[PDB]
Q: 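Here is a complex structure; among its components: quinine.
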Amino acid sequence: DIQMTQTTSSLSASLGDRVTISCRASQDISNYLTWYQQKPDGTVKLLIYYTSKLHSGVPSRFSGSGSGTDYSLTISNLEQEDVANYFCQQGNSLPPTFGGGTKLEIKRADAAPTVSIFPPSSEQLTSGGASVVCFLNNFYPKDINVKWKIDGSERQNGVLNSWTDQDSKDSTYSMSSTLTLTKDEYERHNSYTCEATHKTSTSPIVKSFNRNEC
Amino acid sequence: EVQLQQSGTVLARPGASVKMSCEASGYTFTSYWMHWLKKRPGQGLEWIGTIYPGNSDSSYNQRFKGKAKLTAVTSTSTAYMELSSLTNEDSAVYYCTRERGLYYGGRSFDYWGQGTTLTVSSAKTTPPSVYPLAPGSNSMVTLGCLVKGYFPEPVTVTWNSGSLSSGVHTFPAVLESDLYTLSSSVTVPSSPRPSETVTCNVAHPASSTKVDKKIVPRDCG
Ligand SMILES: C=C[C@H]1CN2CC[C@H]1C[C@H]2[C@H](O)c1ccnc2ccc(OC)cc12
């Protein structure tokens, strides 16, 4: 199969801006390239086929160009309804193959994460497990790193993170970081810390608690 | 308006076989090539095969040959795909789509279905455990709701029966040893709770579960 790459998985822009999505093929596909739009809906729509030919019903602010291996999709005046995932396909050789896609995000002013930490409930310990949950809500940009500290030492085992897509209402991101261990292990440590690194702060934002209080 | 409509989510154990459908409308079914695709979170979009409902002429990706059987019923304008001996890799969202070009197709796919989710798992239908997340002592305060060890998806979380929409974050589920887990946060001012009741409502349709965990501050001293 011919392989299709989209090096930029996510692209930042503003409403009214000129946006360019990139696509690459592992060899010459002779302008047999087609572009699609996947909205949050999960719905897919054809936009452009054969490098630059508009599909019926597609707005004119969409256009395409390219040759050989490199191709691109352009949006002259970005609207909120154009915020979606855009991916390409080569139609030169069977089987058809697609790129990983480029998701559009909207630009906004740097916003610091609101960090909140929660000791496990007493109800949860009766199960045998112990989940220490940490929320990091409404921050921008998406770039962020989360570290769990226990009694001073870093910890990686048992940590599962989860991210939301960009919220359209305020153009921010949110993420949950959950540390899960046994009740026996949880009861054998004191200080549990959830510290976040982000552009808005030189020093990491630290949220912690001592088990021996409550 | 050309429109494809695929069938609902499918749960299956490894070793089973399943069959998903795709009903077309707004055009002559017999006159366009239909294609099937597989979207798995690690891979790009992968091509399965294609069938021409006119004479049921078909072509398959060599990797899905013997894995996926394709059929088309002219009577009801419905395409089908059969998947045999399911394994964990068969877990994905499968799309049916129409190929551009009357009779002889083209090099693109001009109309798409919404997709069908196939979940391969041996896990049994399990209700969620729901745990209140209270603070541990600003204008605002954030509370939480931990939803743990349920199967299958989806779960639905609301706050005060939905009367709290603004300031709510519910995160995608994650898989830990065959069961799903997620958390939901809610930010209210510091005015209305310890004083007024805040309650998360977790619903799990598959198990017919409805639980209401009232958020109450931690018991210490
Ligand atoms: C897969 C088999 C069938 C489906 N389309 C109509 C008849 C058969 C051929 C193919 C299309 O003509 C075609 C020809 C040549 N190269 C192609 C490359 C990509 C492609 O994707 C829709 C379709 C191609």
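Each chain is given a letter, A onward, matching its sequence line's place in the list. Here chain A follows the PDB entry, giving residues 1-214 in order. Since chain B takes its numbers from the PDB entry, the residues it shows come out as 1-137, 142-225. Computation of the quantities below employed the complete heavy-atom set of this structure, encompassing side-chain atoms and omitting hydrogens, waters and symmetry-equivalent molecules. Just so you know, ligand 1 is whichever comes first in the structure, and atom 1 is the first atom listed for that ligand. The way this entry was determined, per its header, is X-ray crystallography, 2.5 Å.
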Q: Of all chains near quinine (ligand 1), which one has the greatest contact count, and what is it called in the PDB entry?
A: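 Most heavy-atom pairs belong to FAB 314.3.
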Q: Taking 4.0 Å as the heavy-atom contact limit, which other chains touch quinine (ligand 1)?
A: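 Heavy-atom contacts under 4.0 Å involve A, B.
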Q: Which residues and nucleotides from other chains come within 4.0 Å of quinine (ligand 1), counting heavy atoms only?
A: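 Non-hydrogen contacts come from A/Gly91, A/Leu94, A/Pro96, B/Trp33, B/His35, B/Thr50, B/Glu99, B/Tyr104, B/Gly106, B/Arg107, B/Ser108, B/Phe109.
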Q: What protein heavy atom is closest to atom 21 (O) of quinine (ligand 1), reported as residue, atom name and distance in Å?
A: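 So the nearest neighbour among protein heavy atoms is A/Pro96 CG, 3.5 Å.
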Q: Return the residue, atom name and 0.1 Å-rounded distance of the protein heavy atom closest to atom 20 (C) of quinine (ligand 1).
A: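 Heavy-atom neighbour on the protein nearest atom 20 (C) of quinine (ligand 1): A/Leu94 CD2, 3.8 Å.
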Q: Which residue holds the protein heavy atom closest to atom 23 (C) of quinine (ligand 1), what is that atom called, and what is the gap in Å?
A: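 Nearest neighbour among protein heavy atoms for atom 23 (C) of quinine (ligand 1), to 0.1 Å: B/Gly106 O, 3.3 Å.
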Q: Within quinine (ligand 1), which atoms have a heavy atom of B/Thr50 less than 4.0 Å away?
A: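 Here the atoms of quinine (ligand 1) in question are 1 (C), 2 (C).
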Q: Any idea which atoms of quinine (ligand 1) are less than 4.0 Å away from a heavy-atom of B/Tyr104?
A: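 Numbered from 1, quinine (ligand 1) contributes 6 (C), 12 (O).
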Q: Just need the protein heavy atom nearest to atom 14 (C) of quinine (ligand 1), so name the residue and atom and give the distance.
A: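 Its nearest protein heavy-atom neighbour is B/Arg107 NE, 3.5 Å.
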Q: According to the PDB, which organism is the source of chain B?
A: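 The entry records the organism as Mus musculus.
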Q: What protein heavy atom lies closest to atom 18 (C) of quinine (ligand 1)? Include the residue and the distance to one decimal.
A: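 Atom 18 (C) of quinine (ligand 1) sits closest to the protein heavy atom A/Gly91 O, 3.2 Å.
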Q: What name appears alongside chain A in the PDB?
A: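 In the entry: FAB 314.3.
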Q: Please check whether B/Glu99 reaches quinine (ligand 1) - meaning an N/O of the residue sits under 3.5 Å from an N/O of the ligand, judged on distance alone.
A: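 Indeed, backbone or side chain, B/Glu99 has an N or O that close.
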Q: Does some non-hydrogen atom of the protein lie less than 4.0 angstrom from atom 8 (C) of quinine (ligand 1)?
A: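 When distances to the protein are checked, atom 8 (C) of quinine (ligand 1) has no heavy atom within 4.0 Å.
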